[PDB]
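Lettering of chains proceeds alphabetically from A, tracking the sequence lines in order. Chain A is numbered as in the PDB entry; shown residues: 1-99, in order. Quick note: numbers on chain B are straight from the PDB entry, i.e. 1-99, in order. First listed ligand is number 1; within each ligand, the first listed atom is number 1.
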Protein chains: 2
Amino acid sequence: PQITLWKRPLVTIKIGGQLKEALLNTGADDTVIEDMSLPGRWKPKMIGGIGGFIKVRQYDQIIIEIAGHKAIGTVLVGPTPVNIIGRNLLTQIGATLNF
Amino acid sequence: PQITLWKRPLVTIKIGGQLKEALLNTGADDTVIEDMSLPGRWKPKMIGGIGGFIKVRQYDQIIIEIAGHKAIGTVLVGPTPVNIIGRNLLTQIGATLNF
Ligand SMILES: CC(C)(C)NC(=O)[C@@H]1C[C@@H]2CCCC[C@@H]2CN1C[C@@H](O)[C@H](Cc1ccccc1)NC(=O)[C@H](CC(N)=O)NC(=O)c1ccc2ccccc2n1
């Protein structure tokens, strides 16, 4: 689809067997999901942006369904107020910016 | 142009006669520019990043060129690791997300 940017580009994702709203985020390297349980091994990570850094749990090889499109990749879980789909997954979906 | 997201969507901007690089960010409402001098009066603003809130200087109706596209609008100035073009300006240059 073509998403206009008048409003937040929010989409419904599916991850860990749960439906969620998430922000399509071209300015995010990583995909960051509000704290939840995911299966498999994880390791700690520090990620930053405006306002400094938060500590998160990194899970690798995680399937996510993004607006109906399946993709697999690393997923970060932590204290974010907004679920964020970053470039690591937006590429798998073939998302581009156009103007 | 059509911009894939395998790398960071960095473009050149021109603001205050100065050339800078900035990040095209669909996940951001506002545009945040590293500390620089801009004409006119400014108003206060608190914005929330991933790491928490920072105080920034809000300048309105500022002329800014983004990848050869002219925009005039609100620019926030404050500590940021990266210049960020938010949706307020992305809509001015007709940017869309497509997949
Ligand atoms: C710009 C502002 C108005 C403050 N809005 C936001 O920042 C909103 C706030 C939302 C609510 C809180 C949780 C995050 C979301 C998404 N963010 C936008 C979101 O797009 C934000 C924009 C950004 C990019 C780079 C540097 C600073 C800021 N990206 C990010 O925060 C991602 C997080 C990540 N590790 O994936 N940061 C980065 O991808 C990134 C890039 C370069 C860096 C250089 C030095 C230090 C840190 C760096 N972080």
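Choosing among oleandomycin, gedatolisib, saquinavir, solithromycin, remikiren for ligand 1 gives saquinavir.
Within the structure, the other chains placing a heavy atom under 4.0 Å from saquinavir (ligand 1) are, by letter, A, B. Contact annotation: for B:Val32 versus saquinavir (ligand 1), heavy atoms closer than 4.0 Å belong to the side chain alone. Neither the backbone nor the side chain of A:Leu76 has any atom closer than 4.0 Å to an atom of saquinavir (ligand 1) (non-hydrogen atoms only). Saquinavir (ligand 1) has no nitrogen or oxygen under 3.5 angstrom from a nitrogen or oxygen of A:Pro81. At under 3.5 Å, a nitrogen or oxygen of B:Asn25, whether backbone or side chain, sits near a nitrogen or oxygen of saquinavir (ligand 1).
Per the PDB, the organism of origin for chain A is Human immunodeficiency virus 1.
In terms of protein heavy-atom proximity, atom 11 (C) of saquinavir (ligand 1) is closest to A:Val82 CG2, 3.9 Å.
Residue contact check: A:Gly49 has heavy atoms under 4.0 Å from atoms 27 (C), 31 (O), 47 (C) of saquinavir (ligand 1). Summarising the contacts of atom 15 (C) of saquinavir (ligand 1) with B:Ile47, A:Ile84, A:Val56, B:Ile50, the nearest heavy atom is found in A:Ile84.
Considering B:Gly78, A:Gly48, A:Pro79 only, the shortest heavy-atom separation from atom 33 (C) of saquinavir (ligand 1) involves A:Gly48. Between B:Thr80 and saquinavir (ligand 1), a contact under 3.5 Å exists for no N or O pair.
Nearest protein heavy-atom neighbour of atom 17 (N) of saquinavir (ligand 1): B:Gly27 O, 4.2 Å. For atom 36 (O) of saquinavir (ligand 1), the nearest protein heavy atom (residue, atom name, distance) is A:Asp30 N, 3.2 Å. Those atoms of saquinavir (ligand 1) with a heavy atom of A:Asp29 less than 4.0 angstrom away are 36 (O), 39 (O), 41 (C). When only interatomic distances are considered, the shortest N/O to N/O separation between B:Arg8 and saquinavir (ligand 1) does not fall below 3.5 Å.
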For saquinavir (ligand 1), run through the N/O pairs with the protein that fall under 3.5 Å and put one pair on each line.
from: saquinavir (ligand 1); atom 1: 20 (O); to: A:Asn25; atom 2: OD1; distance (Å): 2.5
from: saquinavir (ligand 1); atom 1: 20 (O); to: A:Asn25; atom 2: ND2; distance (Å): 3.3
from: saquinavir (ligand 1); atom 1: 20 (O); to: B:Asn25; atom 2: OD1; distance (Å): 3.1
from: saquinavir (ligand 1); atom 1: 20 (O); to: B:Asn25; atom 2: ND2; distance (Å): 2.7
from: saquinavir (ligand 1); atom 1: 29 (N); to: A:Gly27; atom 2: O; distance (Å): 3.3
from: saquinavir (ligand 1); atom 1: 35 (N); to: A:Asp30; atom 2: OD2; distance (Å): 3.2
from: saquinavir (ligand 1); atom 1: 36 (O); to: A:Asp30; atom 2: N; distance (Å): 3.2
from: saquinavir (ligand 1); atom 1: 37 (N); to: A:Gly48; atom 2: O; distance (Å): 3.1
from: saquinavir (ligand 1); atom 1: 39 (O); to: A:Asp29; atom 2: N; distance (Å): 3.1
from: saquinavir (ligand 1); atom 1: 49 (N); to: A:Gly48; atom 2: O; distance (Å): 3.0

